[PDB]
Structures are given as C-alpha cells and as structure tokens.
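A deposited model with nirmatrelvir (bound form).
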Amino acid sequence: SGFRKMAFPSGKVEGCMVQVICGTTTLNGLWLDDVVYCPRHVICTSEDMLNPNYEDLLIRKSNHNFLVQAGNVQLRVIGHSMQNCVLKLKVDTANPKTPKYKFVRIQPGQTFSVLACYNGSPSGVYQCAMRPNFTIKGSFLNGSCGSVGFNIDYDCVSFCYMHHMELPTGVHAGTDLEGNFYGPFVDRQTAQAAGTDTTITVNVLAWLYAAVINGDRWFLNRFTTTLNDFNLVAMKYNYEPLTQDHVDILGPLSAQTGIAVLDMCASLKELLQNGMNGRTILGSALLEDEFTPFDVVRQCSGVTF
Amino acid sequence: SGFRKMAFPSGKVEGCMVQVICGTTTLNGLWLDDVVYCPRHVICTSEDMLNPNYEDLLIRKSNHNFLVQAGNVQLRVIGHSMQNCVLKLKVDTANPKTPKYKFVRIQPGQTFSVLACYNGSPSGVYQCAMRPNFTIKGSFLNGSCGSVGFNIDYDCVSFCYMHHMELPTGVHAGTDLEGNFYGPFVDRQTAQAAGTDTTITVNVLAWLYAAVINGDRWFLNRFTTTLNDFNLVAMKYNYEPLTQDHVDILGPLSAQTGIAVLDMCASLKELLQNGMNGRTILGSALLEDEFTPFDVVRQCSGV
Ligand SMILES: *C(=N)[C@H](C[C@@H]1CCNC1=O)NC(=O)[C@@H]1[C@@H]2[C@H](CN1C(=O)[C@@H](NC(=O)C(F)(F)F)C(C)(C)C)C2(C)C
Ligand SMILES: *C(=N)[C@H](C[C@@H]1CCNC1=O)NC(=O)[C@@H]1[C@@H]2[C@H](CN1C(=O)[C@@H](NC(=O)C(F)(F)F)C(C)(C)C)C2(C)C
C-alpha cells in the first residue's frame, strides 16, 4: 500500500537524449531514428530572442553549424528542417536505442513524465499534468529546453511534450513533438501570461478513490448528488466540470470500492463547501489533482513495463 | 524556476532488475556482475512467513530451485549464500549492463530514488526519505520485494535500499544491500512497531531556502534565535534537533540567499508556533521535509 507521485522509468528516453550546439547556444535534443528534434530557438542569440525571425535566422544556417553530440559520439548533420517551433536535423546515424514510439498531443488534465536534461545529460525525472490553462508546473533552469515529457505503454514511448520557456509565476510552456504550442504561447521573450488555471476535477475524484483504497475514508459522507448539481458547485470553486465521459473513466475505481461516482462527488462537494479543517487525505492538506484515473489504477494494481 | 519532488534517472538500475522465482514465490532481484541479490523470504511458503527459521528453510533449497529470468532469458544459478536478510545467487553470466556501483548504508534524513518493480519489470520511479524511525513512506504492493532504492553520483549508482515488507501503518521497511535492516524490524509476519516518527528539521530548512529562491518569501522575518532556543521550540513539535553540523550543511544555501541559517530557523519557529494562517509555501499547505540540502542545491543549480 501507500500512494506516491510516480514517474515512468526513464531508461528508454535517456537513450534518446543528445546535446545540440548551434553557435554559443547549447540545449537538448531528442534522437529518434536518424532525426534529432530540438527547440528551434537554439539558433538564436540572446538578442534574437526578444523578437526573432526564425525563417531568416535558419536559412542563413548550414548543416555544419549544428553540433549534435550523443555522449562520446558525434553525429554528423546532413539536413536541417523547421516544423512549427521545432528544428528537425537529419543525421547520418540512426539511433540504435530508438524505442517503439508515437508522437501524441495530450489534452489538459492528462499527466506525463518529464526527463529534465542539461547539455544532453538527463538530470532527473518527475511527474506533471497538462494544466487546463495549457501550462505545466515544472522544474526547469536555463538550458533545460529540449527536455521531453512522455508516457509509456508497455514498451511504446508516447512523446507528448518538449520544453521551451518559462512564463510569469514560474510555470512552463512547450510544444508537442510537431512543434505546436500547448496554449496561446509563442517562443519569443515578450509579455505573455498563462490565464486563470482550474482544478482538474476528474483527477481529484481519482485521488479520492486512491485514498479510500488505502484506508483514508473520513471524508465519505451519507449524501449524494446529481452530476449537474455537483458541477454547479464545482464551477463556483474553479473546478473543471465533470462530464459523463469522466464518469465512465472512473468506472474501474468505482467498481473496486463499491462507491458510486456520484456518491463520491457528494463527498467532494462538501469538501469544497466546508473546507478540510486542517485534516489530511493521504498525507496532503490540499486536494491533489495531478493523478489521472489511469495513474491511480496503475499504481494500485501494479502495472509494469 | 519551479521546485518538484525529483528522482534520479532510473535507466542504469532498470538494466539490473531480474525476476527471481523459487517454487511458487516470485519477487525482484538486482543483477550486478555475476550475482543476483534478493530478499531472503523468497524461500518462504505462505505459512513459513509467520515464523521462519531461514537457515533450516534454505538448507532444503538447491541451486536448481531458483529460477532467475532476465527479460526473457533464464539465467543459470550456480551457487547461493545468505548474507543477513538477503540471498546472494551466483549466476553463470555477469550482467553486461552492470553500472559503476557501490553499496552504502544511509543515515536517517537522507533521500533516495526507488524503482518499484513487479516480476522483475520496472513499474515506476519515485523519491523518498529514510525517516528518523528507519521506515520509508512508499508505494509498494505484493511482489514489490527486491525493489531497490539508489542514488546516482555522476555515473556511479550507490544502492542503499532493498524493499522487504510493509508495516501496520502503511509505511515500509527494508535493508541495505548487505541485508542488514534499517531500524529494529525483522523479516517475519508478526506485529511490529516503527515507533514515533519525527520531522527532518534540516530538510525543512532546505525546503524553505528552495522557497525563497523561487520567490515565495512571505514567511521570512528579521527575527533571530539561538540553536538552543530553536531546538527547545522544535522538540515541542516533534522536530529533530538542529545541530551545528546541520548548520554547516545548510551553508551554501544560506550564502546563496543572504539569509543566515539562524534567521531562517527563527522563521521556522514562527511557523510552528503560529501555523501557516492558511498560507502555502511552494504550493504546499504543510512543511515538506524530504528534500535534503544537497537535493535543493542540485535542483536549483542543475547538477
Ligand atoms: C532554455 N534554454 C530556457 C529554459 C527556461 C529559462 C529559465 N527556465 C526555463 O525553463 N528557455 C529560455 O530561456 C526561453 C528562450 C528565450 C526566453 N526564454 C524564456 O523562458 C523566457 N520566458 C519568456 O520570455 C516568457 F515569459 F514569455 F515565457 C525567460 C524570461 C528567460 C524565462 C525563448 C526563445 C522563449
Ligand atoms: C513482498 N513482495 C511483500 C511486499 C509487501 C506486501 C504489501 N506491500 C509490501 O510492501 N512483503 C511481504 O509480504 C512481507 C514478507 C512476509 C510478510 N510481509 C509483510 O510485508 C507483512 N508485514 C508484516 O508482517 C509487518 F507487519 F511486520 F510489517 C504484510 C502484513 C504481508 C504486509 C515477510 C517475510 C516479512
């Protein structure tokens, strides 16, 4: 038993991380097959970033301006392309450690593991969620660009995030692996802000199911409620509305604990109305919302890769 | 910027996880060179665990009783010995993925990454601290035995933990890689007690420095205190006493923020006495204590 914020094993992704140097700039790249993916502002000087013309900057660059190093090895670039906000550099060598992989674009509320990297070396791994405002509450210093987020399906690595920049209040923004930003953000050093963030309700319900499975039950109440009554309250407290699709996703957890989803919604309703009164749930004094219903099932059943 | 509970990359340890089968029982092993390490209760039946005599139970096992699978391929066991609470199985194949490694016994308050495994296959990775009562707060199901905790020093993997059992309160107990338990626990299915846990004060101060570095400053004050003043306060709240050595460990953080270790202690004392007034620090409503002063320096300066 117990319940922890848990990241996927990073081994498969570590084997794809490389260093990309263009000029003075040094950041991280993702080496899959004979293509290396990295953020396109690697071609930028600190002056360029205030308002870059990427198309102009890139055409001026030749293949030999891009240094790709995979540990001790040095990869020879034989092609460079730009797709949205990522540079694609073709290399003379296919990554022999390329795992089974997809490129996916996740919806808000879905979680993933981030492998934080600097100079192409993995530094650490942690778990995060795509916030409803399309930011992620991460941990990134200068030089972390190109660190990627991923999910693992048995042996297939679904890459969903590449890191680019930090927004006001210390939140983070980036792209899918096709270079399209999550949210209304641009890779320019200009005034941007994320927008009001909301709590991921279906994940809070999943986390409450993790608690019950682990013995924390003091919050279960005798009441119940309709889906529309719950959502009326939840939007009052800046919680995302619960949809019928969210109810079905919670089915497995509902059938394990014999607690109807709408019964659990009533417990949550009272938690937002009467506060937690200094009490804790699975050790936390706040309601946790970065566990998906799938995360909870995985951790409580022992799924492996 | 930002601050997260962060684990070491688990790749080097993934290549050392094998499945160990002995009769009906299955659990995880750690394959280093031509040796596999696993908890010794892999030799117990359902009944044996209530009161095992491991010497006698092992005497009735043979090398051919132990089936080690590494991915698909089965390994050949050619020798076995018992070192305290772990079995050491010699195999006919050195692990070609063996990293540079050492075995260490960690102190309370130190942190490490756990690679949680089932049937020799990794399930997930998370960070935890050795509690002062020599338990850890983990996530462990049946079959998780033989999962290991570890730190990475550049390229060397320091193994410090192998998981054995779960205690009544849902916390978890295990051994170092020589098989000596952390704490006063035994590998037997009988009611056991962890004892009173305390807060790792020097880690809480490290977390507060992480907060100040990340712009969350509302808890700072120009108040002061002595180490004896603070420690007299801290013990009332079940906080481990702060030593001068802890003050020396916190030095790099103090110098990076320009806040004396003891000014920060005066802020922690104020926090324990007055609560948080519903405030949060780094988005947390409670004081976090599983970040060491080294962890904070690493994450906030990018090692
Ligand atoms: C990658 N090398 C860094 C990683 C950043 C820096 C600090 N923390 C991180 O995650 N990325 C940047 O330096 C990018 C890079 C130019 C500016 N930038 C920023 O992250 C800046 N942010 C913004 O301009 C804002 F707020 F709009 F996001 C900075 C103020 C330096 C944090 C480019 C191309 C965006
Ligand atoms: C080995 N894979 C399991 C892992 C446990 C089971 C649930 N979570 C875990 O971390 N470990 C065991 O089953 C060990 C094994 C016999 C009993 N045991 C326990 O963990 C038991 N605990 C205790 O008896 C107590 F209270 F002392 F901790 C159990 C009640 C099954 C949790 C042996 C040899 C210790």
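Simply put, chain letters go A, B, ... down the sequence lines. Chain A is numbered as in the PDB entry; the shown residues are, in order, 1-305. Numbering, chain B: per the PDB entry, residues 1-303 in sequence. Just so you know, ligand 1 is whichever comes first in the structure, and atom 1 is the first atom listed for that ligand. What's counted below: heavy atoms across the whole structure, side chains too, no hydrogens, waters or symmetry copies.
- Taking the chain with most contacts, the partner of nirmatrelvir (bound form, ligand 1) here is, per UniProt, 3C-like proteinase nsp5.
- Other chains making heavy-atom contacts shorter than 4.0 Å with nirmatrelvir (bound form, ligand 1): A.
- For nirmatrelvir (bound form, ligand 1), the heavy-atom contacts closer than 4.0 Å come from A:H41, A:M49, A:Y54, A:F140, A:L141, A:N142, A:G143, A:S144, A:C145, A:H163, A:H164, A:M165, A:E166, A:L167, A:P168, A:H172, A:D187, A:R188, A:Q189, A:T190, A:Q192.
- In the deposited model, a covalent bond links nirmatrelvir (bound form, ligand 1) to A:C145 SG.
- Ranking protein heavy atoms by distance to atom 10 (O) of nirmatrelvir (bound form, ligand 1), first place goes to A:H163 NE2, 2.7 Å.
- Residue, atom and distance of the protein heavy atom nearest to atom 23 (C) of nirmatrelvir (bound form, ligand 1) are A:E166 O, 3.5 Å.
- Using a 4.0 Å cut-off to heavy atoms of A:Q192, the atoms of nirmatrelvir (bound form, ligand 1) that qualify are 27 (F).
- The UniProt active-site residue of chain A having the smallest heavy-atom distance to nirmatrelvir (bound form, ligand 1), to 1 Å, is A:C145, 2 Å.
- Of the protein's non-hydrogen atoms, A:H164 O, 3.6 Å is the one closest to atom 14 (C) of nirmatrelvir (bound form, ligand 1).
- The source field of the entry for chain A reads Severe acute respiratory syndrome coronavirus 2.
- Counting residues of chain A in contact with nirmatrelvir (bound form, ligand 1), the top UniProt domain is Peptidase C30.
- Close approach of nirmatrelvir (bound form, ligand 1) to A:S144 is summarised as follows: ligand atoms under 4.0 Å from at least one heavy atom of the residue are 4 (C), 10 (O).
- Atoms of nirmatrelvir (bound form, ligand 1) found under 4.0 Å from any heavy atom of A:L167 (numbered from 1 in listed order, with element): 26 (F), 28 (F).
- Per-residue contacts place A:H172 under 4.0 angstrom from the following atoms of nirmatrelvir (bound form, ligand 1) (heavy atoms of the residue considered): 10 (O).
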